[PDB]
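First the proteins, then the strands, lettered A, B, ... as listed; each starts at 1. We use all heavy atoms of the structure for the numbers below, so side chains are in, but hydrogens, waters and symmetry mates are not. Modified residue -> parent or X. Extra atoms: not counted. This deposition comes from X-ray crystallography, 3.0 Å.
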Amino acid sequence: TXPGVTXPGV
DNA sequence: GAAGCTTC
DNA sequence: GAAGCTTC
């Protein structure tokens, strides 16, 4: 996720 | 190193 | 199935 906690997506 | 997910 | 980057 995020970053942090990529995206989604990318 | 180890956890934090939908979108093509 | 690849398609992704960091907090910690």
Exercise. Which one of oxytocin, dactinomycin, pasireotide was assigned to chain A?
Worked result: dactinomycin
Exercise. Which other polymer chains sit within a heavy-atom distance below 4.5 Å of dactinomycin (chain A)?
Worked result: B, C
Exercise. What entity name does the entry assign to chain A?
Worked result: 8-fluoro-actinomycin D
